[PDB]
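Entry overview - penicillin binding protein 5 (PBP5) with imipenem (open form) in place.
Note that the numbering runs from 1 along the sequence shown for the chain. Side chains are part of it too, since the values below use all heavy atoms of this structure and drop only hydrogens, waters and symmetry mates. Remember, it's 1-based here, ligands and their atoms both numbered in the order they're listed.
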Amino acid sequence: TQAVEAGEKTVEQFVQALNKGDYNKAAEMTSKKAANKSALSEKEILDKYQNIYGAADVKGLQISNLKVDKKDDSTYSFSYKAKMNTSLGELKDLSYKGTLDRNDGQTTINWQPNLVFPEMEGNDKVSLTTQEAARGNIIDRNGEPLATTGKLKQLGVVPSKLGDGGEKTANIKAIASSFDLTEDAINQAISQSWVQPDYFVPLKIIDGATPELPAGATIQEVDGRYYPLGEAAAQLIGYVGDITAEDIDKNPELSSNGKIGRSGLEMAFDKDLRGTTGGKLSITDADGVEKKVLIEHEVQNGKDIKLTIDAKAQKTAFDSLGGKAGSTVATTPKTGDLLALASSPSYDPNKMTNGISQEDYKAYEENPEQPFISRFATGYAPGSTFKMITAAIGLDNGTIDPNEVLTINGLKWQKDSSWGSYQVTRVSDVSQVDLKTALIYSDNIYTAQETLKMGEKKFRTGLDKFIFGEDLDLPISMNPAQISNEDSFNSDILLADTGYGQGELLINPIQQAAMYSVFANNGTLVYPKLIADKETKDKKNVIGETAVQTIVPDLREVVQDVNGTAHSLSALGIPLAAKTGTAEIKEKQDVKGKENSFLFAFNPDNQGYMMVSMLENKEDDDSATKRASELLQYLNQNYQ
Ligand SMILES: *C(=O)[C@H]([C@@H](C)O)[C@H]1CC(SCCNC=N)=C(C(=O)O)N1
C-alpha cells in the first residue's frame with residue numbers, strides 16, 4: 001500500500017503546482033513522452049497550461065474524492081472531482097482521470113490533454129468569448145444621478161494636421177487658450193514616446209459647450225463614468241479606475257477591459273455595480289467545431305443603488321464650507337436617512353477617473369488639508385456640543401437640578417491645587433449659572449463641575465447607553481466611537497475634560513448625528529441609514545424623556561437669546577434648536593494650538609431634519625454657525 005501512498009502524494013503535488021500557477025513544476029512530474037505515457041514533453045505541457053489556463057484566467061484549482069487504485073503491475077490509475085475559478089465564474093464538479101507510473105523509486109503522471117479539461121483529446125482547442133457588463137448607477141433619494149455611465153466629449157489633437165514650424169506654435173497657443181490648457185503641456189502630450197504623427201492624442205474632457213475648434217483640434221465621443229456633483233460628493237461616491245492585471249489575479253470575475261471602484265461607494269459596492277461578465281467557454285476540435293461548452297451565461301448588467309442622499313442638500317452643504325477644511329452631515333433624525341455627507345476640501349472625481357497627471361495627483365496628496373480624507377467618517381473630539389449628552393445623563397441620574405445655580409467667579413477654575421497649572425476655561429464671566437445659562441453661554445466650568453460631582457461610574461453608565469464601541473451598519477469605512485483609550489479615566493482632569501467633549505473622545509460626524517438624534521425622538525437613538533430601501537433601526541431608552549423635554553427648550557434659547565452662542569441663526573426666522581462648540585487640539589506638531597468649530601441644529605417642532613457641521617483647524621473669526629444658514633433654510637423648507 002506504500003505505492004498508492006506515493007501515488008496519492010504525486011497527484012496532490014501535481015494539483016498544488018497547478019493551483020499555485022507554477023505550471024513548470026507540474027510538468028516535471030510527468031512521464032517521458034510516449035503513446036501510453038505522457039502525450040507531450042515538459043516544455044509543451046508548460047505552454048499548454050500557460051496558454052489555456054491563462055486565457056480563461058483559471059485560479060483556485062482544488063480537488064476532492066481522490067481515489068488511487070492499481071491497473072497493471074507498474075501502472076496506477078487515479079481519479080478525482082475538481083472545481084476552479086475562471087473569468088466566467090466557478091466551474092464545479094469536474095471528473096478528471098488518468099494513470100500513473102512507478103518506475104524507479106519515484107512516481108510520475110502519464111500526462112494527457114484531458115488533465116487540462118475533462119474530455120479533451122490530442123489537439124483540441126479552447127475558446128473564450130466574453131461580453132462586458134455595463135456598470136450600474138448610483139442615484140439619490142429622488143432618482144437624480146450621482147454616478148452614471150454615458151458619453152463624454154473628449155478633445156485631442158493630431159500632430160500632422162496641426163502644422164509645422166511657426167504654423168504649429170500658433171495653433172498650439174490657440175488650443176491652449178481656447179480650452180484652458182497649458183501651452184507647454186500640449187507639447188508634452190504630443191512628445192510622448194507612444195505618439196505617431198497621425199494619431200489622435202487626447203488632451204482633456206469637455207464638460208460643457210465646445211467652442212470653435214482651431215486647426216488640428218478634434219472632438220470624439222467616448223463612453224465613461226461621470227459624476228454630476230463633481231467634488232461635492234467625491235469622498236462619498238469615490239471614483240473608478242482602469243483594471244490592472246494584478247486585480248485580475250485577485251478576482252478573475254472582473255473584466256480586464258473594464259473599470260473597478262478605487263474608493264468610496266464605487267469600491268464598497270463594486271460587486272453589485274459591476275454586474276457579471278457574459279459569454280461562453282468551450283472546447284473545440286482541431287478544426288474548430290464546438291465539442292463541449294464548459295461555461296455559458298448571458299451578460300447581467302449591474303444593479304442601480306438608491307441612496308438616502310439629497311443631491312441638492314449635498315451640493316449646498318459642500319458649497320457652504322467654502323473650500324475650507326470641514327464636514328457636514330444632515331439627517332432626517334426620526335428615520336436616520338443620511339441626506340448629505342459633505343467633506344472639504346475635495347478632489348475632482350471626473351478628472352480622477354478620466355486620467356490625471358502626476359503633478360495634479362501629487363497636489364492632492366501634498367495638500368496639508370488632505371482632500372482625500374472622508375471627514376464625515378473620521379473620529380474627532382465632539383467639543384462643547386457634547387455638553388448636551390452630559391446634561392441629559394446628569395438629569396437622568398438626578399445629579400443635575402435644572403434650577404440649582406452654581407456660583408462661578410472668573411474665567412478659570414480647577415477642582416483643587418493638585419491640578420497644578422491646568423484649569424477649565426470659559427468665555428463669558430457669568431456669576432450665577434444654572435443649566436439653561438450653561439447651555440446658552442456654553443459654560444465649560446459648569447459642565448466640568450457637574451461631571452466631577454456626578455462621578456465616573458455614573459457618567460459612564462449614561463454613556464454606555466449610546467453607541468460607543470458599536471459598528472454602524474453602513475457601507476462606509478469607519479472606526480467605532482470611543483469614550484477614552486481605556487475602560488477607566490484614572491484622572492479627575494480627564495473626567496472633567498470628557499464632560500464638555502474634550503479628553504480622549506473620538507466620534508465621527510455620522511456617529512455624532514446618531515447620538516444627538518435622541519433629542520428628536522424623546523430619548524430614542526435612531527441609527528443612521530444610507531441605503532434608501534433599508535429598514536429603520538433604533539435603540540430605546542438611551543436618555544429619559546424628561547431630560548429631552550428639559551434640554552430642548554434650552555437649546556431653543558441658544559438661538560433666540562440675545563447672548564446665545566448661535567444667535568445669528570435667529571435671523572432665519574425658523575424654529576431652531578442648536579448648540580455650538582469648540583475643541584482645542586494638537587499635541588506633538590506646531591506650537592500654536594489648533595481649534596475645531598462645531599454646530600448642531602435641528603427643527604424642534606416637527607423633528608424633520610438634523611444637522612451636524614464642523615470646521616477643522618478653523619481660521620480666525622470663522623465658525624460652522626456663520627456658514628449654516630443656507631443649508632438650514634433648505635432643510636427646513638423641504639424636510640418637515
Ligand atoms: C466648549 O464648550 C468650548 C471650550 C472647550 O473652548 C467653549 C468655548 C467656545 S467659543 C471659542 C472660544 N475660544 C477658545 N476656546 C464655546 C462655543 O459655544 O463655541 N464653548
Open item on the list: I'd love to know the binding site of imipenem (open form, ligand 1) - heavy atoms within 4.0 Å, chain and number please.
Closed with: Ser384, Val427, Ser442, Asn444, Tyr500, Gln502, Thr565, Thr580, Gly581, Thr582, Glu595
Task: chain A organism per PDB - done: Enterococcus faecium
TODO: Provide the covalent bond partner for imipenem (open form, ligand 1): one residue and one atom, or none.
DONE: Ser384 OG
